[PDB]
A.B. asks: 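Below is a structure I'd like to ask you about.
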Amino acid sequence: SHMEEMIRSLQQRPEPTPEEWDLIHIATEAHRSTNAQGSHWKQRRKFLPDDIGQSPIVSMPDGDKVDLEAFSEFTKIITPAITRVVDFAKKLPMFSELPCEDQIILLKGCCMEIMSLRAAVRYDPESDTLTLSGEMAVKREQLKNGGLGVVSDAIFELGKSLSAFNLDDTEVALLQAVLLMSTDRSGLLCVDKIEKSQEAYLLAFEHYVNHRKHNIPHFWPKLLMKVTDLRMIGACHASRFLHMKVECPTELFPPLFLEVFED
Ligand SMILES: N[C@@H](Cc1cc(I)c(Oc2ccc(O)c(I)c2)c(I)c1)C(=O)O
Ligand SMILES: N[C@@H](Cc1cc(I)c(Oc2ccc(O)c(I)c2)c(I)c1)C(=O)O
């Protein structure tokens, strides 16, 4: 119609449908309500003491040793972080309608990818830090030494690169939904349904990116490459986590940390 054309005049690319907007809204709010500190993180966060995370002392196969005190500081806050990822997922109808067993497999599969993304989007260029759970600002050396090794470097590089993308809450939430609804896991019951849901999220996300009209070119494929980086981060972490368990006693690992990162 005449009105439709007028308002779509500076549009070419497909916008989200009404159905996709509903999808977008629900996921955005699911993320906002489960993202620690929300909009206030920069003010409310405290730096991890400079004297912590400078003392790698426990051996690892790749030679990047672990600072036990720093590892402990990190693991002490990881349970509420994992919990919020579970909280986010439960708020998406296409996730909550899956069998309980599939939900668990999907959460285990994407948990590090999502937490890494949530750290990365809170990279602060001025202090050169990530913020963990909206409350703990950490330097590259600290996060490296406290257990992550080269995974820290990868997350910092992702965070630095994401600054220019200027992602909003919706884009972060849709990335999380896409990571969550991956069928690259063993033992799933409802593979076709999960794939259909990821396809629905991907198309809604592509259309939202169109709606946003970012100033950087090739935004959509660029964002997809970032998903691939997040996958590599998740994989490197899973491998390193196996080594952590070989080296250190169970008592240093919070129960949920152990459960979610099971091989
Ligand atoms: N910042 C995120 C939560 C988040 C919390 C923590 I502790 C993180 O560090 C990790 C992760 C895995 C590990 O094995 C180790 I050792 C340290 C990261 I990366 C992210 C959020 O806002 O939800
Ligand atoms: N179900 C799929 C959906 C999906 C499919 C494709 I093709 C993607 O682009 C890729 C993938 C791997 C690469 O090496 C490169 I370069 C680009 C992405 I990002 C996601 C998934 O969850 O990955």
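Sequential numbering from 1 along the given sequence is applied to the chain's residues. When the header is checked for method, it gives X-ray crystallography, 1.9 Å. Heavy atoms only: backbone and side chains are in, while hydrogens, waters and symmetry mates are out. All ligand and atom numbering here is 1-based and tracks the order in the structure.
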A.B. asks: Which of liothyronine, propentofylline, olsalazine, exemestane has been placed at ligand 1 in this model?
C.D. replies: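 It is liothyronine.
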A.B. asks: Which chain forms the chief contact surface with liothyronine (ligand 1), and what is its name in UniProt?
C.D. replies: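 The largest share of contacts goes to Thyroid hormone receptor alpha.
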A.B. asks: Is there a heavy atom in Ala36 that sits closer than 4.0 Å to liothyronine (ligand 1)?
C.D. replies: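 For liothyronine (ligand 1), residue contact (heavy atoms, under 4.0 Å) with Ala36 is absent.
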A.B. asks: For liothyronine (ligand 1), which atoms have a heavy atom of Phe74 less than 4.0 angstrom away?
C.D. replies: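 Heavy-atom distances to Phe74 below 4.0 Å select 7 (I).
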A.B. asks: As an exercise, identify every atom of liothyronine (ligand 1) less than 4.0 angstrom from a heavy atom of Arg84.
C.D. replies: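 Here the atoms of liothyronine (ligand 1) in question are 21 (C), 22 (O), 23 (O).
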A.B. asks: Are any of the heavy atoms in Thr131 under 4.0 Å away from liothyronine (ligand 1)?
C.D. replies: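 Yes, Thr131 has heavy atoms under 4.0 Å from liothyronine (ligand 1).
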A.B. asks: Looking only at heavy atoms of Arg240, does any of them come nearer than 4.0 Å to an atom of liothyronine (ligand 1)?
C.D. replies: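 False for this residue.
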A.B. asks: Return the UniProt domain name for the region of chain A with most contacts to liothyronine (ligand 1).
C.D. replies: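 In chain A, it is the UniProt domain NR LBD.
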A.B. asks: What part of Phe257, side chain, backbone, both or neither, has a heavy atom within less than 4.0 angstrom of liothyronine (ligand 1)?
C.D. replies: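 Near liothyronine (ligand 1), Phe257 shows its side chain, while the N, CA, C and O stay back.
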A.B. asks: So, 4.0 Å and heavy atoms of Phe241: is liothyronine (ligand 1) close enough to count as a contact?
C.D. replies: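 No, that is not the case, since the closest heavy atom of the residue is not under 4.0 Å from the ligand.
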A.B. asks: What atoms of liothyronine (ligand 1) come within less than 4.0 Å of a heavy atom belonging to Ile155?
C.D. replies: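 The list of qualifying atoms is 19 (I).
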A.B. asks: Should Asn35 be counted as touching liothyronine (ligand 1), given the test is an N or O pair under 3.5 Å?
C.D. replies: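 No, no N or O pair falls under 3.5 Å.
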A.B. asks: Relative to the heavy atoms of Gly146, which atoms of liothyronine (ligand 1) are at a distance of less than 4.0 Å?
C.D. replies: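 Those qualifying, in numeric order: 16 (I).
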A.B. asks: Using a heavy-atom cut-off of 4.0 Å, name the UniProt 3,3',5-triiodo-L-thyronine-binding residues of chain A that are that close to liothyronine (ligand 1).
C.D. replies: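 Checking heavy atoms, the UniProt 3,3',5-triiodo-L-thyronine residues near liothyronine (ligand 1) are: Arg84, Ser133.
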A.B. asks: Would you say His237 has any N or O atom under 3.5 Å from an N or O of liothyronine (ligand 1), going by distance alone?
C.D. replies: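 By distance alone, the answer is yes.
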A.B. asks: Looking at this entry, which organism is chain A from?
C.D. replies: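 The PDB entry says Homo sapiens.
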A.B. asks: Report the binding site of liothyronine (ligand 1) using a heavy-atom cut-off of 4.0 Å.
C.D. replies: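 On a heavy-atom basis, the binding site is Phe71, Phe74, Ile77, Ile78, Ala81, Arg84, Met112, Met115, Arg118, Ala119, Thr131, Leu132, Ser133, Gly146, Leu148, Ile155, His237, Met244, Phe257.
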